[PDB]
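Below, chain A is the first sequence line, B the second, and so on; all start at residue 1. Partial entry shown, contacts counted within. Hydrogens, waters and symmetry mates play no part in the numbers below; they use all other heavy atoms, side chains included. Indexing begins at 1, ligand by ligand and atom by atom, following the structure's order. The way this entry was determined, per its header, is electron microscopy, 2.4 Å.
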Amino acid sequence: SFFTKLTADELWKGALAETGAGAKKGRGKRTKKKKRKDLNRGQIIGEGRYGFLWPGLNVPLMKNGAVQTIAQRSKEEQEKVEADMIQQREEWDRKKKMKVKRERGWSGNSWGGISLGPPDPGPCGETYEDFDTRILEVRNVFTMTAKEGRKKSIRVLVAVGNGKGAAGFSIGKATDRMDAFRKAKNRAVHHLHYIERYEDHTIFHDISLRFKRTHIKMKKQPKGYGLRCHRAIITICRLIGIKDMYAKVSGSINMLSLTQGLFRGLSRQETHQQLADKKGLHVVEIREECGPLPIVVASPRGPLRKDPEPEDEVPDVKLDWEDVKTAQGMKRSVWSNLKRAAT
Amino acid sequence: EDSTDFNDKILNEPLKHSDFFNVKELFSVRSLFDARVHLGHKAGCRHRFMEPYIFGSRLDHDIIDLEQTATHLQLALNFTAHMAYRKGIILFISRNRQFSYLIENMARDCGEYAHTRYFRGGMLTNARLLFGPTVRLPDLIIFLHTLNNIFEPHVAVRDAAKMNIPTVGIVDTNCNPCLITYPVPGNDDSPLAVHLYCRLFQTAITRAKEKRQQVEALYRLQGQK
Amino acid sequence: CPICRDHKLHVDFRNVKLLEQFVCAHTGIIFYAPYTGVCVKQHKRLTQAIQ
Amino acid sequence: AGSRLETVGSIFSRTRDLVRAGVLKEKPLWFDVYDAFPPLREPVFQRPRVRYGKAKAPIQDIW
Amino acid sequence: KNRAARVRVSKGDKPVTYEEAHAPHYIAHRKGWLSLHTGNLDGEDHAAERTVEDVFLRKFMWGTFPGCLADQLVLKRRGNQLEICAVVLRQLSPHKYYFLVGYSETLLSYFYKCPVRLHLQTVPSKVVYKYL
RNA sequence: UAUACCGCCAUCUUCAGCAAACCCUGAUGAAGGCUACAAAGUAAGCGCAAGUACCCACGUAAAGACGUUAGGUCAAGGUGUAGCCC
RNA sequence: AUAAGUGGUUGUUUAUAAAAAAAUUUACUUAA
Ligand SMILES: C[NH+](C)c1cc(NC(=O)CNC(C)(C)C)c(O)c2c1C[C@H]1C[C@H]3[C@H]([NH+](C)C)C(O)=C(C(N)=O)C(=O)[C@@]3(O)C(O)=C1C2=O
Ligand SMILES: [K+]
Ligand SMILES: [Mg+2]
Ligand SMILES: [Mg+2]
Ligand SMILES: [Mg+2]
Ligand SMILES: [Mg+2]
Ligand SMILES: [Mg+2]
Ligand SMILES: [Mg+2]
Ligand SMILES: [Mg+2]
Ligand SMILES: [Mg+2]
Ligand SMILES: [Mg+2]
Ligand SMILES: [Mg+2]
């Protein structure tokens with residue numbers, strides 16, 4: 001019957017079954033998902049199966065300054081038109097079966113390390129194209145509600161940084177991943193630290209910090225050493241601009257305590273000039289590659305002092321057993337100093 | 001080249017003098033003392049961050065050191081005048097309901113702004129949504145009382161710091177001055193003290209706003225010749 | 001590997017620029033093969049070239 | 001942009017550092033006035049602690 | 001919960017027209033009838049034949065002006081006449097619109113044995129009443 | 001095959017809540033955001049409400065979100081998947 | 001201040017994409 005035929009909108013809504021009890025509470029567990037096809041896509045008004053040519057609709061109205069009459073394509077000619085239509089559809093479908101190469105982060109199926117591009121441009125023309133954004137952690141967190149039940153939210157941790165000392169991080173909570181990436185990405189640029197770097201490649205001193213239950217032991221290294229540190233630290237270091245450093249994470253390795261502790265330790269990094277000013281004495285660098293050449297890296301801009309700081313023969317510093325363990329060739333881990341790709 | 005002349009004659013010139021607006025003449029230790037600015041709260045109310053500024057306890061009543069109040073008060077007035085001269089938006093924030101009328105009047109008289117009312121959440125950290133995307137936020141905030149009506153720091157003190165807005169603040173012995181850019185230790189309860197601060201910040205602002213006019217008239221004379 | 005995906009990259013002792021890329025600019029050391037990813041074959045040829 | 005980390009450094013240090021980095025393109029209106037006439041104590045956030053044990057307040061009684 | 005001819009709320013991003021935005025309990029209150037004839041008046045005949053004609057024409061027009069209609073047809077009848085008032089879009093060639101007006105009018109007049117007219121009203125975009 | 005669905009409904013509902021977008025709090029955890037002599041929330045939309053129908057400002061209708069019960073209905077019609085085609 | 005026992009089994013989060021169709025002759029009748 002002609003009168004039982006419905007519209008494409010009504011037909012796809014039923015066929016796709018996007019709504020229903022299956023969607024809710026993950027009751028339906030059929031990963032295979034059909035997609036709506038617009039079947040009007042390649043359709044031309046006036047073009048039909050019989051191949052008639054209607055002047056003013058399917059073909060041009062006037063030919064050689066004269067009004068065309070009703071004409072019908074030849075059988076052999078109509079075959080080509082129908083055959084060509086099949087080809088375009090196939091090639092149109094071909095485009096949508098091509099798999100796009102998603103550049104992978106820490107792992108193939110991991111969101112950590114993946115880049116979210118620059119933060120969205122601000123309201124009043126504020127622009128953030130200098131900054132990069134890498135994901136640090138995606139987690140489906142749940143709460144219970146009286147009506148629905150298990151309600152999923154996405155907690156996302158991102159870090160932003162221009163690679164010139166300015167960097168931050170923020171958490172984003174939303175029901176949709178893409179809405180949490182936005183919130184986390186855009187909120188981070190309003191919470192930027194400035195991380196002082198020694199020679200714009202490493203840190204000034206070595207940092208030993210404990211944030212809650214996470215321990216981070218960071219070591220200043222020379223050039224070429226590279227970033228030999230936890231995969232989340234290398235990411236954040238690339239966003240800060242540190243290029244050569246070592247860090248070992250002990251205790252708990254919660255991504256969020258590791259981040260909040262990494263940025264805290266780096267924020268308390270005392271500079272060489274800040275030191276010279278605090279002690280009021282020259283800070284002299286001794287490099288083994290330069291013999292006893294006394295390289296003065298920072299001097300007190302204010303008044304210089306005259307009393308040699310008392311040199312305590314025995315330093316009352318609390319050493320770390322692992323440091324001394326390795327120093328004395330007692331640590332024999334079959335995992336330390338392994339050949340790894342350049343970071 | 002107009003940038004060099006405009007910047008030097010207007011913005012850079014006043015910043016080269018120790019007291020470009022002569023605000024030190026506006027107050028004296030005798031004037032502060034006569035306004036009871038040295039009277040603090042009792043010793044059981046004291047904040048430990050306000051100790052550097054307390055001269056002592058006179059029968060368990062903290063006496064604020066007016067010698068440091070004067071040095072701090074000058075620094076706070078100097079900043080205010082330089083900001084008023086630079087066409088900065090100055091907001092006066094208080095919640096002491098006894099002086100809300102006084103502080104609102106004073107703000108209108110010097111052509112500036114006052115928020116003496118319940119501070120709604122996000123006025124500063126969420127202003128482009130509460131006002132409009134092109135709203136201009138204050139460049140300076142003057143707290144005449146830094147505690148809200150439950151004896152805790154006004155939320156704006158923290159929100160000003162989050163928005164990178166310098167603040168001037170009268171900090172009594174029970175107040176928290178860690179985040180205030182220019183704390184001025186002094187009594188914030190006595191009407192004499194509150195009248196004095198309003199008189200001083202009004203003058204400093206007024207005087208600074210005239211001088212900004214009385215140094216662009218010289219620009220006009222210099223422009224002709 | 002980097003070398004074996006571009007035929008126009010000839011690891012010769014004459015191609016000094018290419019050789020420089022595979023040596024530290026700070027310590028003067030030839031990277032290990034896992035560092036850059038060049039197969040065992042090419043890394044040895046490279047090593048000879050460097051020397 | 002700006003940094004709303006009111007607990008890390010001060011408005012000066014944060015601003016100063018963001019200008020150096022290139023985030024803040026324009027020095028805020030108050031920056032030059034602060035730089036010329038800085039306050040006696042830099043406004044850095046500190047958490048008030050309790051005095052345990054023998055720690056007492058250095059405030060003396062005026063006699 | 002009632003469902004008939006309600007567009008559900010969604011997420012504040014769904015463009016809906018004044019017609020679509022109103023539920024059946026608003027049909028004589030905030031909106032009118034998409035057809036007007038005398039069949040459904042007390043004492044009148046042929047409500048059925050009018051109704052079959054109106055279901056066909058809406059279908060006829062939807063497939064005859066594919067992708068052009070920007071709202072629902074307004075069907076009118078005065079004596080022997082039939083008026084089809086479409087709101088269409090402005091993407092098709094006016095040559096094609098004139099072809100289709102002349103075509104539809106002619107074909108429908110021979111099908112329903114009456115004078116049939118077709119009044120187009122073009123709009124740039126579909127008029128949005130509300131973002132549900 | 002209603003446990004793939006549209007369509008049209010039951011049910012709480014003789015409900016008042018669902019909320020995008022922000023901001024803040026929790027050491028940047030799941031989460032949380034209340035005081036009017038106010039102490040961090042602003043919220044567009046959708047319900048409720050208002051309006052309209054019936055003989056009124058009353059009453060009765062109607063309305064009544066988001067969700068809950070894989071609740072009902074492939075036998076209203078249409079339809080994804082699977083099957084039948086002497 | 002009475003007494004109110006029980007309920008086979010089972011169950012959830014693997015990742016983005018887009019079209020257009022269209023425009024040469026802007027006014028006669030006429031004749032060889
Ligand atoms: C075997 N049980 C788990 C079951 C299975 C199906 N269907 C299938 O698994 C079908 N599987 C195929 C697709 C054929 C491979 C089912 O479809 C159902 C149910 C449960 C029933 C229970 C029904 C019950 N009464 C009417 C017998 C009832 O009162 C309730 C209730 N909530 O109170 C129901 O949920 C019930 O009506 C219902 O809907 C069932 C199913 O839907
Ligand atoms: K079926
Ligand atoms: Mg009902
Ligand atoms: Mg069902
Ligand atoms: Mg159903
Ligand atoms: Mg089952
Ligand atoms: Mg009523
Ligand atoms: Mg009812
Ligand atoms: Mg109502
Ligand atoms: Mg069922
Ligand atoms: Mg039993
Ligand atoms: Mg049980």
Original post:
Quick check: which of tigecycline, nilotinib, milbemycin oxime, ritonavir is at ligand 1?
Top reply: tigecycline
**OP:** Find the chain with the greatest contact count to tigecycline (ligand 1) and give its name in the PDB entry.
**Re:** 12S mitochondrial rRNA
Original post:
Using a heavy-atom cut-off of 4.0 Å (strictly under), which other chains touch tigecycline (ligand 1)?
Top reply: F
Original post:
Which organism did the depositors list for RNA chain F in the deposit?
Top reply: Homo sapiens
**OP:** Give the other ligands and ions closer than 4.0 Å to tigecycline (ligand 1), with numbers and names.
**Re:** ligand 6 (magnesium ion), ligand 10 (magnesium ion)
Original post:
Which residue and atom, if any, anchor tigecycline (ligand 1) through a covalent bond?
Top reply: none
**OP:** Name every other-chain residue that has a non-hydrogen atom under 4.0 Å from tigecycline (ligand 1).
**Re:** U1(F), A2(F), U3(F), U69(F), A70(F), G71(F), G72(F)
